[PDB]
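Here's Reverse transcriptase/ribonuclease H with rilpivirine bound to it.
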Amino acid sequence: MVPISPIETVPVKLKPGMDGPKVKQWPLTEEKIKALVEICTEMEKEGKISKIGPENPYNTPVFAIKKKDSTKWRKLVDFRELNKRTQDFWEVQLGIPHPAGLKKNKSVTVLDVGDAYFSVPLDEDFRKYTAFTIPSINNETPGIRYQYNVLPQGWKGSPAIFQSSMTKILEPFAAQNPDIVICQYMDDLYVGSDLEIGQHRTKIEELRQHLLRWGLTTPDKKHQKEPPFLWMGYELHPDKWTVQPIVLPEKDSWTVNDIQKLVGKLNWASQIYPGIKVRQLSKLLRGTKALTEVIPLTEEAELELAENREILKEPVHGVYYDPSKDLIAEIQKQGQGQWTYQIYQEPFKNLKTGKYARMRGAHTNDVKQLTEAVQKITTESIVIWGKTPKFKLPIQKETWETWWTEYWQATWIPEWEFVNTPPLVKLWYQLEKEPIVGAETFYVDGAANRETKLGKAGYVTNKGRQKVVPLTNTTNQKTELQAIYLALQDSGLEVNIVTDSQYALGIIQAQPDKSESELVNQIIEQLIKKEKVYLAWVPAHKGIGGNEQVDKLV
Amino acid sequence: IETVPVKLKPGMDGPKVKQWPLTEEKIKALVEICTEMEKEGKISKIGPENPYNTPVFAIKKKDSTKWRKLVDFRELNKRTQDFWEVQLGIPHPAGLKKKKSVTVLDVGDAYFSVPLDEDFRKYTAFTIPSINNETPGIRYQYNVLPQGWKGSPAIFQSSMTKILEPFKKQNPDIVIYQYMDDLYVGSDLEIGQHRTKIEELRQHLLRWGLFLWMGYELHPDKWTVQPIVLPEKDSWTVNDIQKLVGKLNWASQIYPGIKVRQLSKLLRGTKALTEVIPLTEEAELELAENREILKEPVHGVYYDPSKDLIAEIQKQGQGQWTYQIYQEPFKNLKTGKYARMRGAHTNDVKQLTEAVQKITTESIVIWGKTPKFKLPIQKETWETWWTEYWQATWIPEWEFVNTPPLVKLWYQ
Ligand SMILES: Cc1cc(/C=C/C#N)cc(C)c1Nc1ccnc(Nc2ccc(C#N)cc2)n1
């Protein structure tokens, strides 16, 4: 006998207070029992399980399921209850590697490790909680009682403990072989390197020798699997990757589900298929808990979907990462709060692509969205490559400087360069810092009757110009904006406007270039037409000049 | 050698905070540091049965090129049982703020000589992530008091007090205060021997067991305080007067005797904003009466240890920043103004991050705790960049202000 190192077990406990499961074993059929008896006898012989006394009071229901009328039966131990009662684990299985982060490996060997899973002992003091019973033929004898000695498939802590046990064993091998990579995916170990297929096979032979130390044998494997690999929805090729084929459904009748299911695909594809849009197609689905609703596609969605299929026409691949070359990220404004980007090291060879959608809000600005997209790409790039990419942005250096030095909030974009590809992001208007000499001064105001919803908006100026417009179905807030709007409509190219509205100032000082409120949009449209605008605020009801609340109090 | 038992607050579990993305350089630094800390028994690898987690990252302190590991124990701290030691809670040294000068020493290393309560260790778990998560993250837990944990100074307090008696007795006028991994040493002795008293204190510390080489000097005796002031002009335009009335109306929420009637009267009529208006007698007297009022201190302003400190910061442009610390609205306990050429002339966020640290430091010296910040920045921008410019061993709390404060100019 060749001594083999044992796999350290992981101390498992049940959640605080809770106790093991105690679930009723259901009546089975004579043939299923005989089926289970056979299976379990064989599992016992292998060490996976062990018959237990009548002491253990815990129980988990077992079942028999036929593998689609084949010459076989399968045992199904339902650990759902036990799982609800098992402590939480460190699911070190989160946030998978993104294909664009991988490096090239001309040689990728696959080794099978199905039999290693059971080579993993179950914490001794925890086994009893895994007890199950094979009912007896006709219920005339006590059912056969068993308990696990190994991680049970379907048990909450199996995925985590297996990965951690496998990693711990591979650890010393990976550390001393820095020129190879190993990845656990299902019952397999994928070992890649970029060594000459000769020095690569040696290294595989060494891994097998190393694994033997723990008694783990891998059927001699040049697996039934060779490039391209289907993994996590992607297709990994020797020197390139892509998402698994995206097939846009053809229909005349699209329902809530069909549409959102169309979203997911477009979203998944957007990581490599450039310029994908999902604003309109996603637009239609806010209010759907019901999924069979045959909803119509606005002419916008049809155009977006047509632009989609087109991009999906040709298959697109992304390259792998080369740590020796720079990382570059390019962004484009797509309209309607939509942005698209590509990250690459060499022109025309993207590592991956992506998109960004403006956050929901009533007022917004292109520069703020460009900035948010930059932050998002920065974080994703830190995740994938451990570094910030150099940005190429459609905004002039001068526009950015004017923006951040005057913005009331602190803001920042990392190293970047202007890329002149329309439509360029710009500032649409810039308020004055000082009152304008020679420009007419408009004192505006508005008010509304909370009950009747009747109101008025208007202005009086230093030249005697005046206006008061009566309004219906309005509020104070809207009348204050309307007043500002009237002043802008009725003034020349340069104008000073005095308001007591903290609300309107709150909006205008946020510098929006677009809004959901058509009233804010009309004001923005007027701002863009002016050459100079000074907006001044004064406290309401302080006997301050021209602040004619009276004209509007009526 | 003996460990003081520790537990969380009744009904709360340990932290389960996500590790945020780290750059390759920070990851490499952490692997090197943690490898060495592991050889030294300070931390130990942990298995999947430990579900807890606290974020970790790396920084470079005041003028050194050596990476320091910083664990973000903010969550664990608010879940760690209020540690009332044999100290009864050391009544914050109200005299530290009055001292001519103060040097801040990093004595966190000392903590690593005291073992941690075995049953509590699991709660200090942290992960060193891998780029693109290609390999599973390295999981560890502490075996000794971790730097940055609330219970570390508390538990090591008894050890610290006796390690300084020779000094405290040798130097009775020097005020020494401890906050987290920092020791604040204040005295009126000029740098010459204030430096040497520290250098003496360093040796004294280096001998009594325990990068200590660093020092950070502050001058709380000459700190930035802020009274409200009004313009002094020979000719006031309508706009100047509208701005004055706005500012006085604002101050009237802080000071009760403020009047604007006589000044707003001057604003009776729809006049051109740039037209010069001569001040009436009544208006000029009201302005004088307001100036006098603004020179007295704010009324009924007191600090309360049971309440949080709140710090508001405004970007004034051109590298200048203003801030106010209070507990009750309009009852400022401290206000200030900043502007320096410290590695951030084109970086808004680096400046704000530096301002946040100076304000916190100031707050520690004065009250013995950190304030809750209201930052003039979008959450996503701040959370993406602040760790690149952080140089302190503690980390305060913060929230974001998304609506422009109308009161910006009135503070500058
Ligand atoms: C994530 C991953 C999945 C599989 C495979 C899982 C499955 N199924 C195989 C390996 C070896 C890895 N790990 C790494 C690590 C670094 N670079 C790479 N590059 C790389 C990977 C696959 C191909 C191919 N073909 C080419 C290059 N892979």
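Just so it is clear: chains get the letters A, B, ... in the order the sequence lines come, proteins before strands, and each one is counted from 1. Whatever order the structure lists them in is the order used to number ligands and atoms, beginning at 1. Reckoned from all heavy atoms, side chains included, excluding hydrogens, waters and symmetry mates.
- With heavy atoms closer than 4.0 Å, the chains neighbouring rilpivirine read A, B.
- For A/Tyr185, every heavy-atom contact with rilpivirine shorter than 4.0 Å involves the side chain, none the backbone.
- The contact set between rilpivirine and A/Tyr320, taken as ligand atoms under 4.0 Å from a residue heavy atom, comprises 23 (C), 26 (C), 27 (C).
- According to the entry, the name of chain B reads p51 RT.
- Near A/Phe229, meaning under 4.0 Å from any of its heavy atoms, are these atoms of rilpivirine: 7 (C), 8 (N), 24 (C), 25 (N).
- Every atom of rilpivirine is numbered from 1 in the order shown, and the set under 4.0 Å from a heavy atom of A/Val181 is 11 (C), 14 (C), 15 (C), 16 (C).
- With a heavy-atom cut-off of 4.0 Å, A/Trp241 does not touch rilpivirine at all.
- Contacts of B/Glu134 with rilpivirine, taken as heavy-atom pairs under 4.0 Å, involve the side chain alone.
- Close approach of rilpivirine to A/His237 is summarised as follows: ligand atoms under 4.0 Å from at least one heavy atom of the residue are 23 (C), 24 (C), 25 (N), 26 (C).
- The site surrounding rilpivirine, defined by heavy atoms under 4.0 Å, contains A/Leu102, A/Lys103, A/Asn105, A/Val181, A/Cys183, A/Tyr185, A/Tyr190, A/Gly192, A/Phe229, A/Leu230, A/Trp231, A/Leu236, A/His237, A/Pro238, A/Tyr320, B/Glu134.
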